[PDB]
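Lettering follows sequence order; numbering is per chain, from 1. Side chains are part of it too, since the values below use all heavy atoms of this structure and drop only hydrogens, waters and symmetry mates. Remember, it's 1-based here, ligands and their atoms both numbered in the order they're listed.
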Number of protein chains: 2
Amino acid sequence: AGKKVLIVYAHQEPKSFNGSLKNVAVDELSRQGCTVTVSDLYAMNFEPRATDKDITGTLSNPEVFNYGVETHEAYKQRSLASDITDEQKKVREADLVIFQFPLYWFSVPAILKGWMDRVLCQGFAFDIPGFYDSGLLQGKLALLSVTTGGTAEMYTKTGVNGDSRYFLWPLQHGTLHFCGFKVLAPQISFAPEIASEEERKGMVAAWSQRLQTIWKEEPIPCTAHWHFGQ
Amino acid sequence: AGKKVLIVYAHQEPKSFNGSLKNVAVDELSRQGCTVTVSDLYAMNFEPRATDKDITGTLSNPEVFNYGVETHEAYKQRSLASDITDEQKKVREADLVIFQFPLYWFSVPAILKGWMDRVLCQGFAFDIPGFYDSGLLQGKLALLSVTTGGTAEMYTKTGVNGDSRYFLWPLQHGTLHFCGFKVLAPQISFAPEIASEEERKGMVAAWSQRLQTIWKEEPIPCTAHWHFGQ
Ligand SMILES: Cc1cc2nc3c(=O)[nH]c(=O)nc-3n(C[C@H](O)[C@H](O)[C@H](O)COP(=O)(O)OP(=O)(O)OC[C@H]3O[C@@H](n4cnc5c(N)ncnc54)[C@H](O)[C@@H]3O)c2cc1C
Ligand SMILES: Cc1cc2nc3c(=O)[nH]c(=O)nc-3n(C[C@H](O)[C@H](O)[C@H](O)COP(=O)(O)OP(=O)(O)OC[C@H]3O[C@@H](n4cnc5c(N)ncnc54)[C@H](O)[C@@H]3O)c2cc1C
Ligand SMILES: CCN(CC)CCC[C@H](C)Nc1ccnc2cc(Cl)ccc12
Ligand SMILES: CCN(CC)CCC[C@H](C)Nc1ccnc2cc(Cl)ccc12
Ligand SMILES: [Zn+2]
Ligand SMILES: [Zn+2]
């Protein structure tokens, strides 16, 4: 026991469907006795841009700015902007990181993309070498809880939008697995705007109910076959 | 001729490999007699976050904030923030939109993700019923010019990262095709940091040379089969 959870939450509106899914996760994980922290990115005005302001120390090469190189070195020297290290502390302490967001352009909203870009730097989240199964966040779990405009039917193989797993690839594999996370099955709450209020309440209750047994779940095999099939 | 091009450019450093690819595109398209415009997102300090500041008027619903609905209505009511409408004007005038960026987490840097989120609103880029082949930007061409850290071999179907086409799906299909663009084959400049000077020169020259005949190209079939098939 004694599990720690970080929820990285990306919605502007506390009364939103995303807000309800975040709150029910806080409620249920709290009820279980888990330690819970939420990064409410919009409320934090979280900075999404990868810039030279993210390093406060002497640059390795002040004539030609290479974000990856400079953040790697800043991580090692401890000269990263404090907003980044504040998030790194939350990740370091977490056993499970839940990302709660509406799908924007088959991906995460930009503010959350910026969290990934800025927080998961070399030295902290991965090394070269030291990625995928050797990533530095090994031993941790991650889970994408996503809401969509499109219906489940629209996000199937035979639909023009394609199977929902297709768009998970850059997030689950390219990012989370790359950093060493084991990835729990995504929670996709399809088309709440189209849904009836009863169907919406059902989707929120389904997430809460799933969370009751989250610590017993196995991760997915985060492979091309899982995402794309044969 | 009389062709118009917008380059949406996302790199912090003018002397970067991305910078050089952007500059060669400007040079070669300018030489051809094309009309060329560049949105240098980092130099513009482009806002990535989707917030209620993106609507200038009174909100469609001041009590509960729905970004998609509010921006749709704002577009119809000419009440979007000027940074967004400035970009929409550039897109509206363009026959070809080139995106020039380094791959960040199998996707675009957050600043460019924010451009997509905030600029391509419903009513402007898509609507009911105009999407995929009938998207509102139909008749326009789009092209992703991406640079990577990983090698071409890492980006193979059975390589650690999977086929590069796998990460293109959310961008080419879920975003560009969705908005009605015809998608020209991506330009992928693999691993310039690792490449020799000569190899880098070759990749820049390949891009310059490609641009010489860009108006003669057929778009790819932006399908699941192209992205995921044998
Ligand atoms: C920039 C942008 C890009 C997008 N790109 C995509 C894309 O690529 N693919 C795609 O499929 N969609 C896309 N969308 C649509 C988007 O994913 C949906 O709009 C979003 O997922 C809806 O979630 P929400 O929390 O905002 O819904 P909400 O509008 O907040 O929720 C709907 C309703 O649920 C109600 N509600 C809240 N809590 C509860 C509760 N506890 N019980 C019952 N009802 C409740 C709310 O009052 C509301 O009426 C995009 C949208 C934007 C703005
Ligand atoms: C947050 C983050 C996430 C990332 N995620 C990924 C990922 O998911 N997958 C992946 O594969 N990579 C990833 N990367 C790596 C990234 O994609 C590469 O670092 C980037 O593409 C390199 O391009 P660049 O323009 O910055 O190269 P640069 O470092 O600017 O350039 C490389 C070399 O080319 C030289 N050069 C510039 N112009 C010319 C010229 N005209 N002729 C010859 N040489 C020239 C430069 O001087 C330099 O020496 C990530 C990086 C970051 C920071
Ligand atoms: C017209 C607005 N309103 C009236 C019913 C319906 C809500 C709008 C719906 C949910 N939004 C969407 C539904 C489905 N797909 C989408 C893809 C993108 Cl990129 C953006 C928005 C999307
Ligand atoms: C000083 C040496 N310097 C090159 C300038 C280090 C370059 C490291 C290499 C290129 N970067 C990378 C190579 C391959 N994959 C990657 C995935 C991510 Cl997320 C981030 C960086 C990556
Ligand atoms: Zn994986
Ligand atoms: Zn397509």
- request: Look at ligand 4 and name the drug there.
  value: chloroquine
- prompt: Quick check: main partner chain of chloroquine (ligand 4), as named in UniProt?
  reply: Ribosyldihydronicotinamide dehydrogenase [quinone]
field: Chains contacting chloroquine (ligand 4) (heavy atom, under 4.0 Å)
entry: A, B
- request: Name every other-chain residue that has a non-hydrogen atom under 4.0 Å from chloroquine (ligand 4).
  value: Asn66(A), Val69(A), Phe126(A), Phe178(A), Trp105(B), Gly149(B), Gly150(B), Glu193(B)
message: I'd like to check which chloroquine (ligand 4) atoms, numbered from 1 as shown, lie under 4.0 Å from a non-hydrogen atom of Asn66(A).
response: 5 (C)
- prompt: Any protein heavy atom sitting closer than 4.0 Å to atom 14 (C) of chloroquine (ligand 4)?
  reply: yes
- request: Would you mind running through chloroquine (ligand 4) and noting each atom that sits below 4.0 Å from a heavy atom of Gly150(B)?
  value: 13 (C), 14 (C), 15 (N)
query: In the protein, what heavy atom is nearest to atom 11 (N) of chloroquine (ligand 4), and what distance, to one decimal place, separates them?
result: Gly149(B) CA, 4.2 Å
message: At less than 4.0 angstrom from any non-hydrogen atom of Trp105(B), what atoms of chloroquine (ligand 4) do you find?
response: 19 (Cl)
field: Shortest protein heavy-atom distance from atom 1 (C) of chloroquine (ligand 4), along with the residue and atom involved
entry: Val69(A) CG2, 3.7 Å
task: Give the residues of chain B annotated by UniProt as substrate-binding that have any non-hydrogen atom less than 4.0 Å from chloroquine (ligand 4).
output: none
Residue, atom name and distance, where the atom is the protein heavy atom closest to atom 20 (C) of chloroquine (ligand 4): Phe126(A) CZ, 3.7 Å
field: Atoms in chloroquine (ligand 4) with a heavy atom of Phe178(A) nearer than 4.0 Å
entry: 17 (C), 19 (Cl)
query: Which heavy atom of the protein is the closest neighbour of atom 7 (C) of chloroquine (ligand 4), given with residue, atom name and distance?
result: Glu193(B) OE2, 3.7 Å
